[PDB]
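Contents of the following structure include ritonavir.
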Amino acid sequence: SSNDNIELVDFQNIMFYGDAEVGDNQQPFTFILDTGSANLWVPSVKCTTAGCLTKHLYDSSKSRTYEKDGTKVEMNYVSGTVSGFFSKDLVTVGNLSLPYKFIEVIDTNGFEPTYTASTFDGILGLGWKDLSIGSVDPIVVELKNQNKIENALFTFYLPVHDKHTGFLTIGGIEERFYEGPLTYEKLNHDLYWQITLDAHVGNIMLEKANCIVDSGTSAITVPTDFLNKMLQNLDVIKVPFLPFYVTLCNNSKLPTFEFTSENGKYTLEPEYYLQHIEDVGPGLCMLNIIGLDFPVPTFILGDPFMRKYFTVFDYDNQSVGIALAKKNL
Ligand SMILES: CC(C)c1nc(CN(C)C(=O)N[C@H](C(=O)N[C@@H](Cc2ccccc2)C[C@H](O)[C@H](Cc2ccccc2)NC(=O)OCc2cncs2)C(C)C)cs1
Ligand SMILES: C[C@H](CCC(=O)NCCC[N+](C)(C)CCCS(=O)(=O)[O-])[C@H]1CC[C@H]2[C@@H]3[C@H](O)C[C@@H]4C[C@H](O)CC[C@]4(C)[C@H]3C[C@H](O)[C@]12C
Ligand SMILES: C[C@H](CCC(=O)NCCC[N+](C)(C)CCCS(=O)(=O)[O-])[C@H]1CC[C@H]2[C@@H]3[C@H](O)C[C@@H]4C[C@H](O)CC[C@]4(C)[C@H]3C[C@H](O)[C@]12C
């Protein structure tokens, strides 16, 4: 009905979070909404670590829909590890509710310093079942199976800093969120939001590259070889000890990413991957790009791509729909 959604709030023009609840008493948590994972976790009142002092914590004893599991789980992300045990309780996203298996986290030491530095309490996975720990049906799929929504799909309309808030819409496509044509790219993986695109950056290209559309990566990642070729004679300087590159914001050597399919063309101009850091010096920007090598040459089209392009994640049609995000409104 209409279209169920959760508001997306920009954090310092580099991350975005949405709020959902756990327990029949609707205990509120702030989440990274992560299309690149397939589990929900919240920090427990039983959490024994420094990071949890600054967070909204889940109290299973205060929920009468809580069902004990206790199966120990370690959740290993590329950027950190959280551990605890499975619990079952009511999960509410927008105005949609369902009983759900999630991880009750008691150790966040492996998630620092990012955890304490950030406003999110946990991570809400929007991936595929066979990627999940504990064989958990994805929230959006379950809601469709329960006839709580018209379609097993969700859309990302990211917030733009000082322009507009964003929305995760569950169960329907709103035309308000995108201008121009919506192009559907079929998945090249059984259990990941990953599509095939030719990647062109200036004179260098990777043919039929694996491209993950990842709401839960706050950067563009490119293969390390590709990045080394991109940055040759570009007048950019890497930060000592850190995989981040600094440039003059006005550096006209900075290239436009061009990603092409049989039916689509997506470009990402420097304004979409530049981060102003003028506290550090005059007219200096960081590139929101990092080198990351997968066994197959892979790009992560993270936050910076999804700031520019509205995205539809369709379980039933096993495709990602891409359209230019509407600027205002
Ligand atoms: C400067 C810039 C780099 C910034 N990053 C941030 C926030 N960070 C740390 C990230 O986004 N980091 C990314 C990340 O790990 N994202 C993660 C969420 C997260 C965020 C913050 C801290 C800890 C975890 C979420 C991403 O979807 C990644 C994508 C991925 C998957 C496999 C292999 C490589 C990459 N997913 C996972 O790591 O999930 C693995 C799984 C575990 N169980 C099932 S799959 C990396 C891919 C770069 C703020 S500013
Ligand atoms: C998971 C990857 C490392 C992948 C890996 O294990 N790579 C081994 C091969 C290395 N090389 C390609 C250089 C060898 C090939 C030689 S070649 O000549 O081919 O280049 C590592 C490398 C740099 C890491 C980030 C930074 O720490 C900054 C920050 C610290 C926070 O706390 C957590 C978040 C964040 C964003 C980190 C996330 C993640 O953790 C990254 C991407
Ligand atoms: C081979 C590497 C893993 C790292 C590696 O180089 N070697 C480890 C071998 C495998 N494990 C030891 C984890 C097996 C555990 C079972 S064991 O029997 O060992 O206990 C490959 C094999 C399959 C890959 C994932 C899947 O494609 C799905 C998905 C595609 C996206 O594009 C990127 C994210 C993700 C989760 C991929 C991550 C990573 O890229 C994997 C684990």
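Per the PDB entry, chain A residues shown: 3-331, in order. Indexing begins at 1, ligand by ligand and atom by atom, following the structure's order.
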Which parts of this structure should be attributed to ritonavir? ligand 1
Which protein or nucleic acid chain has the most heavy atoms near ritonavir, under its name in the PDB entry? Plasmepsin II
Could you establish whether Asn290 and ritonavir come within less than 4.0 Å of each other, counting only heavy atoms on the residue side? yes
With a 4.0 Å cut-off on heavy atoms, does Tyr117 reach ritonavir? no
Which UniProt domain of chain A holds most of the residues in contact with ritonavir? Peptidase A1
Non-hydrogen atoms of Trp130 versus ritonavir: any pair closer than 4.0 Å? no
Using a 4.0 Å heavy-atom cut-off, say whether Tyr194 meets ritonavir through its side chain, its backbone, both or neither. side chain
Taking only heavy atoms of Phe246 into account, list the atoms of ritonavir that are under 4.0 Å away from them. 1 (C), 3 (C)
Show which atoms of ritonavir fall inside a sub-4.0 Å distance from at least one heavy-atom site of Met77. 42 (C), 43 (N)
Side chain or backbone, does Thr116 bring an N or O within less than 3.5 Å of an N or O on ritonavir? no
At what distance is the nearest protein heavy atom to atom 37 (C) of ritonavir, and which residue and atom is it? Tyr79 CD2, 3.7 Å
For atom 10 (C) of ritonavir, the protein heavy atom that lies nearest, with its residue and separation: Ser81 OG, 3.9 Å
Which is it for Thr219 and ritonavir at heavy atoms under 4.0 Å: side chain, backbone, both or neither? both
Where is the nearest protein heavy atom to atom 19 (C) of ritonavir: which residue, which atom, and how far? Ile125 CD1, 4.1 Å
From the PDB file, what's the organism behind chain A? Plasmodium falciparum (isolate 3D7)
Quick check: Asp216 and ritonavir, any N/O pair under 3.5 Å apart? yes
Return a yes/no value for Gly218: is any of its N or O atoms, backbone included, closer than 3.5 angstrom to an N or O of ritonavir? yes
Which ritonavir atoms, with their elements, are less than 4.0 angstrom from a heavy-atom of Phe296? 33 (C), 34 (C)
For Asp36, the ritonavir atoms whose distance to one of its heavy atoms is below 4.0 Å: 25 (C), 26 (C), 27 (O)
Please state which protein non-hydrogen atom is closest to atom 47 (C) of ritonavir and give its distance, to 0.1 Å? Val80 CG1, 3.3 Å
Show which atoms of ritonavir fall inside a sub-4.0 Å distance from at least one heavy-atom site of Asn78. 40 (C), 41 (C), 42 (C)
Heavy atom of the protein closest to atom 50 (S) of ritonavir (residue, atom name, distance): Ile16 CG1, 3.8 Å
Nearest protein heavy-atom contact for atom 6 (C) of ritonavir: which residue, which atom, what distance? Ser220 CB, 3.6 Å
